[PDB]
Amino acid sequence: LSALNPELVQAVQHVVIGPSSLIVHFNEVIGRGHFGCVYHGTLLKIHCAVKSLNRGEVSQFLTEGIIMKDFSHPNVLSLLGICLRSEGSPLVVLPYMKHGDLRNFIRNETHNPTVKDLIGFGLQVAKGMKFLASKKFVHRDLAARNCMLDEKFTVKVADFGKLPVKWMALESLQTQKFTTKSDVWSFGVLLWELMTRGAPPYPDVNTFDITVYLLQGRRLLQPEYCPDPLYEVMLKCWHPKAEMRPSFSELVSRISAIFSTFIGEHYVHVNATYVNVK
Ligand SMILES: CCOc1ccn(-c2ccc(F)cc2)c(=O)c1C(=O)Nc1ccc(Oc2ccnc(N)c2Cl)c(F)c1
């Protein structure tokens with residue numbers, strides 16, 4: 001529309017994908033959810049994922065896209081480009097992730113992860129977060145459902161895009177303010193999700209009052225296959241004082257030590273009480 005904002009229109013220019021150099025297979029759907037949608041696509045012939053807005057809002061869309069342009073790290077999802085379709089909503093083009101999101105992947109009964117594999121995934125998320133934190137970028141919705149998994153089993157932190165209260169730090173639930181320290185709280189929950197193989201956090205608890213629940217003096221239970229030292233790390237991520245939580249560099253350090261101790265002998269099986277739980 002150009003009448004959007006010169007500055008943004010120019011920034012989107014250096015990453016523009018000519019509508020003729022990308023084919024969208026609207027027939028082959030991938031994502032599809034509240035607001036936007038995801039489709040398979042070909043780029044010139046690289047396989048890709050094409051995010052669209054099903055819909056001011058277009059501006060936030062393009063804006064969220066431009067920020068991704070500086071995300072260059074093996075553990076952070078990259079942007080191929082943004083295609084300005086002269087027929088509909090602009091599109092965001094992403095590399096194809098053969099294994100989809102991390103939560104659905106670990107939840108799969110046909111998969112046979114070990115303690116080591118799962119800790120490894122957490123290690124990769126932490127590396128991605130460490131990069132993001134160094135760029136002063138606050139995620140706000142860090143969870144296993146927002147982490148992608150490619151063909152080499154490399155984890156990419158992302159955001160599919162009504163608060164995810166169950167991953168939110170105490171101060172954020174109380175204030176609505178987000179920081180890197182509240183991302184650490186979310187990361188601890190992400191660790192729990194991995195070790196439980198994608199179980200829903202606080203099954204019994206209502207979204208409307210996780211705050212009251214947490215203030216009673218509670219935290220998530222140690223999953224059955226979670227090593228003590230990793231649980232000790234989870235509890236640190238959930239420190240009541242935000243400044244007392246470890247940084248992502250510390251987490252990378254600590255988790256990488258725990259990970260090195262395993263050899264791939266301990267298989268992780270789903271909990272019977274968590275099965276089919278929504
Ligand atoms: C308009 C802004 O869009 C953003 C903006 C910022 N970040 C962002 C936020 C924080 C970070 F640390 C890094 C990136 C994003 O991740 C996205 C996004 O669209 N992500 C997204 C994710 C999965 C998708 O689905 C795929 C994709 C590939 N392969 C498969 N199989 C599937 Cl299922 C998908 F299509 C789109």
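All residue numbers in this chain count up from 1 along the given sequence. For the numbers below, each heavy atom of this structure counts, side chains included, while hydrogens, waters and symmetry mates do not. For this deposited structure, the header notes the method as X-ray crystallography, 2.5 Å. Remember, it's 1-based here, ligands and their atoms both numbered in the order they're listed.
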A.B. asks: Let me know which of BMS-986142, PM060184, BMS-777607, CB3717 you see at ligand 1, thanks!
C.D. replies: BMS-777607
A.B. asks: Which macromolecule in this structure makes the most heavy-atom contacts with BMS-777607, going by the name UniProt uses?
C.D. replies: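 Greatest contact count: Hepatocyte growth factor receptor.
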A.B. asks: List BMS-777607 atoms under 4.0 Å from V92, heavy atoms only on the residue side.
C.D. replies: 1 (C)
A.B. asks: Considering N75, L94, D150, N146 one by one, which has a heavy atom nearer to atom 34 (C) of BMS-777607 than any of the others?
C.D. replies: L94
A.B. asks: List every atom of BMS-777607 that sits less than 4.0 Å from any heavy atom of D159, numbering the atoms from 1 in the order shown and giving each element.
C.D. replies: 8 (C), 9 (C), 15 (C), 16 (O), 17 (C), 18 (C), 20 (N)
A.B. asks: If we set the cut-off at 4.0 Å for heavy atoms, which region of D101 has an atom near BMS-777607: side chain, backbone, both, or neither?
C.D. replies: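 Looking at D101 and BMS-777607, no heavy atom falls under 4.0 Å.
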A.B. asks: Which residue annotated by UniProt as active site in chain A is the nearest to BMS-777607, and what is the rounded (1 Å) heavy-atom distance?
C.D. replies: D141, 8 Å
A.B. asks: Output the list of atoms in BMS-777607 that are nearer than 4.0 Å to some heavy atom of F61, sorted by atom number.
C.D. replies: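 Those atoms are 1 (C).
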A.B. asks: Working on this structure - any idea which UniProt domain of chain A most of the contacts with BMS-777607 come from?
C.D. replies: Protein kinase
A.B. asks: Hey, does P95 sit under 4.0 Å from BMS-777607 if you only count heavy atoms?
C.D. replies: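 Checking BMS-777607 against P95, which is what was asked, there is a heavy-atom contact under 4.0 Å.
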A.B. asks: Distance under 4.0 Å to a non-hydrogen atom of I30: what atoms of BMS-777607 satisfy this?
C.D. replies: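 In order of numbering, the contacting atoms are 32 (C), 33 (Cl).
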A.B. asks: Which species does the PDB give for chain A?
C.D. replies: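 The entry lists the source of chain A as Homo sapiens.
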A.B. asks: Define the binding site of BMS-777607 with a non-hydrogen cut-off of 4.0 Å.
C.D. replies: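 On a heavy-atom basis, the binding site is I30, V38, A49, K51, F61, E64, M68, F71, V76, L77, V92, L94, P95, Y96, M97, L132, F137, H139, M148, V157, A158, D159, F160.
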